[PDB]
Amino acid sequence: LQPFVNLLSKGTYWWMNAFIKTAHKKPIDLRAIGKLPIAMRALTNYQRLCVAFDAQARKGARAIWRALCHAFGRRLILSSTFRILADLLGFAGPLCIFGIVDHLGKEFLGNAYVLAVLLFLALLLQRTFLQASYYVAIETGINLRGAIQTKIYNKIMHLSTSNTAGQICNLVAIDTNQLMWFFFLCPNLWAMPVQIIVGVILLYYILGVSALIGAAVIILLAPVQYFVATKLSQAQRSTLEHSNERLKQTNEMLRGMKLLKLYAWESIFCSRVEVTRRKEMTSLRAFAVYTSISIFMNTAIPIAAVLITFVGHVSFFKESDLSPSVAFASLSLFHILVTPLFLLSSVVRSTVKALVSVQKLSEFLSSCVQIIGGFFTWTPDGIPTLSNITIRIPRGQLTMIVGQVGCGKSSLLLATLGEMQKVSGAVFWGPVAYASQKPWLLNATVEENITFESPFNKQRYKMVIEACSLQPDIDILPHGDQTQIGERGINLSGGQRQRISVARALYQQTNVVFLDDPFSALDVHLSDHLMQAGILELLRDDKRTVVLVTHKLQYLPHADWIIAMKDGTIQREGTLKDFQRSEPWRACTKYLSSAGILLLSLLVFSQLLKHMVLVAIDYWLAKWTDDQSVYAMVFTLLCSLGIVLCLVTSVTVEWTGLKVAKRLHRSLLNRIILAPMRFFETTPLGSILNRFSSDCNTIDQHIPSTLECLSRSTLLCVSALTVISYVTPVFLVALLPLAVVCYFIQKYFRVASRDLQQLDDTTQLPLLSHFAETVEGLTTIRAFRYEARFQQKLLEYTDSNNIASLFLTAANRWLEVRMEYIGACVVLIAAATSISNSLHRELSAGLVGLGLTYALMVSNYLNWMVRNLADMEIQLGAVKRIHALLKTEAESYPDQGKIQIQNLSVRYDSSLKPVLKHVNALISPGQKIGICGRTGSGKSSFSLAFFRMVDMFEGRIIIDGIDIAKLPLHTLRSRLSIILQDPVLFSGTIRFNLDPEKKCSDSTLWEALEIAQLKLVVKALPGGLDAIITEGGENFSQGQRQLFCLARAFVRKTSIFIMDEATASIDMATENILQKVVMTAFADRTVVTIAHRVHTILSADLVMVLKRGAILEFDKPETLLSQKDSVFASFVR
Ligand SMILES: Nc1ncnc2c1ncn2[C@@H]1O[C@H](COP(=O)(O)OP(=O)(O)OP(=O)(O)O)[C@@H](O)[C@H]1O
Ligand SMILES: O=C(O)[C@H](CC(=O)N1C[C@H]2CCCC[C@H]2C1)Cc1ccccc1
């Protein structure tokens, strides 16, 4: 609430003080953050931008710039006016140091004390204009993002469906941010020229022509600073290529982990991910080189400029003798030109990226029922897709739209709606509940999807779910209801999704309903259930106009009207009779522990030795000004020794950063591979994967750079407070109060800012997610006429994004205003005490300048120390949670088919109910054993029990004379065939997905593919036995993929085969093909089949029934059918 408060509280952000103190105690919630001010709302900014657009266009890429300039120009020069005004008041430090030091070494301005309060007042007054300049630029930048995101969205509700779903979200998340961040750094575009030009002009007057030569070096090194920034960002992209390639290879490893650990291919796929990692680490060296140079230039160009400015002034020109006032006033000017001169690279880089974004943004912004005649074409001009489409469906009566495949069926429905440009014809036609041919699901609850922003009724909902008969399906789902169906509907199944969209159509209370192929993936049994109960007994009962378009003609007789489509034309439209007649410092220690004692010693000793040179340089200047070639000799040497150490301390932090980033990931990968199968099922995949994506990214690129920023600022602030204390020892008395105050300000910030950074991120996701939802189901939204209702949901989402981001900026300004006040209070104590000592005691004029030139800079170092420490705390969440995951568990480490089980006391998990108990069996070599039982009756345990994956087997299994327990895991899994229920084939060649051990012969591998009756399609692939297959994908069918897994099984030749519900998720013909292959090809080798199919184990040598723990296991299935009273298997079959 900055506008309401007065000028003083607004400048000092006193209104934020109570919020900070309150948030320190309890976490920030949406209730804690208030509603947005009227002036800064998404709707208000959007209306202002629309007014600007109307004004500009009333008389392209130029227009949007004019509208952005017109709407947000008044609150932008007001930001630039402060920035310029703060720049001029900035030179009241360097100029007043000139005044103070000169008077000591030699009209109220003639007094040294008077200038000590002018230095105090100007520094106090500058460091609020500068901060109020940052805020108003930010508050305009954030208010702009609110206006554009609404502007982008209001275009989405219009664009034709002929066209890029992911581009629009990218346009919101990246292209708008680059435009927003241009308005953060917009005033600098007019303030760098003013601040630098006055700066360089001042240096000439203070020091002479020699100040230009030193000033030219810094300016001339801005392009080289910029060039490194270009080479770095190129290197980051090339690293981003391998990281995305790595995450694909890792994701396939975690998802299909059970298949891998069954075949003992965990090491092979772990080896393949490391090969991609090493390439990423190679491309990450160049990112370290061009980050090392970037740190080297930013701390060795200021030193180089000082070296050439002073040495050149005394050696070449032989001008006026160097004096403490001139040398230290000029030195303090360099410290305040480098910050503008080194950010100018990022300002130009941002401006060239903002020019692209606007052009990219302006490219996006430019993109019953009776019909008379009618010609509709998806293209703006071309062959009309619908021709002679003249229809008149009745009101309140069901109508069927039936025709050939791909012949104007779904287009005609969209022709009735407004998504088809009319070449000609006349159409006259409220909101319509349209069940899309391709169903779309909101990223929300199953209850939310069906109600779809409509009031809930208990009776209505009960009938709908019973009619669609999707409730029994949700019963098997992991959650009873309110399941979070994310993007793409991965949680739900294809057939289940189709019902939901039809359920959404059937739930709504509207007169006209267009159900576009409700039975596309609906089973024939349920399809009649949905049609009879829902379409007829529910939809037709309510006197609701229903239009249905499906291939199943069985429901044609139960239809008032029916139309026939031919070649995209409505040939005839009549009734059935008419138609028939016509036709954490603990984590930081863990991070620095892995670097190595050698590097860690070199890292620490280089930092401490560098800042004993960067002070011994400045102290030597204070001794110099008071033989004159001798002083230049030592000062040149120290400047070179300062530069050399700036190179060493820039390589080491990056060299260390790679050494940890390499070891931490590699040590992480080898740990989860050895985790037992129980760990992967219990822990959600999202938890493990995000460690490899974000945390291994934060350590790769963010920690090493931040660790340098925090270590460089902390030592500078220690050096600044030591030099300023050696000059005036009385300053130590005031150091304790300013240490206690500076601690609490740091504490309340880190507590409050950490909350808002998390709150900022968690409100970003709903905003982007809403853009994806709108574009994916744009046709459905405009069918319900929920465009206005959906657009309103954006304003709430983006307002909760701005206010969460408008406190993160008011928190930073709160901190920087406090520290700059503390720093402006240190400069008074430093000035007051040194001048007291210099005039009365025997202090020198040079040491006075040395104290002041650090007092001015102790405000910045205090600010970087607390801001970097805030970021270093957050970025150490990467190491903290990796080290937690890194301590997971670790598993310990066939000639004849005789397998024996000793009581099989196997427990599905630690300290749980035993799945199977007291199960004794003995299968002779070369015998086909079958296992059948109820779902969850322990049959599924015996499948994984033979592979020691059940980690609590309190019994014994003897296979071919040995024990499956004593033998090591990677030597027992590798010699036992398995066929999981759901087939999976991982990315790689066919030769590298059927024998990754690279031991199979080329001729043999072809026979195995042919043995599975698969050689024809395999040979048909390009290359042959080397075609680059994709994970799942379309290169193979579901029957073929399950068929290929049989070929992979035949490759092992382990003489013991275990099949676990291979029949499921397969075709009936393929099951006969698979069963015939197993019966014929695998005649020997003791095939064991655990499945629910009746006919799978009918011909087996022996069949074992499974009760809660064990049931009758008749060796002869023929005897079992008679003995079981035709109940156990005969009745089930
Ligand atoms: N973005 C698009 N650009 C061009 N044509 C399009 C586009 N979207 C759809 N179409 C047209 O719509 C046709 C499919 O709809 P149509 O009603 O003609 O067939 P259908 O019988 O409903 O098909 P299906 O069984 O695939 O649902 C395509 O063949 C194409 O001519
Ligand atoms: O001190 C800072 O360096 C500023 C940090 C800050 O205030 N914010 C708030 C913004 C919210 C939206 C996204 C994050 C930014 C970061 C950034 C900045 C603003 C203006 C000028 C220079 C730097």
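Positions are given from 1, in the same order as the sequence printed here. The basis for the numbers below is simple: all heavy atoms, side chains too, and nothing from hydrogens, waters or symmetry mates. Every number for a ligand or one of its atoms is a count from 1 in the order of the listing.
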PDB drug name, ligand 2: mitiglinide
Provide the covalent bond partner for mitiglinide: one residue and one atom, or none. none
What residues sit within 4.0 Å of mitiglinide, counting only heavy atoms? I138, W181, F184, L185, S805, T809, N812, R813, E816, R867
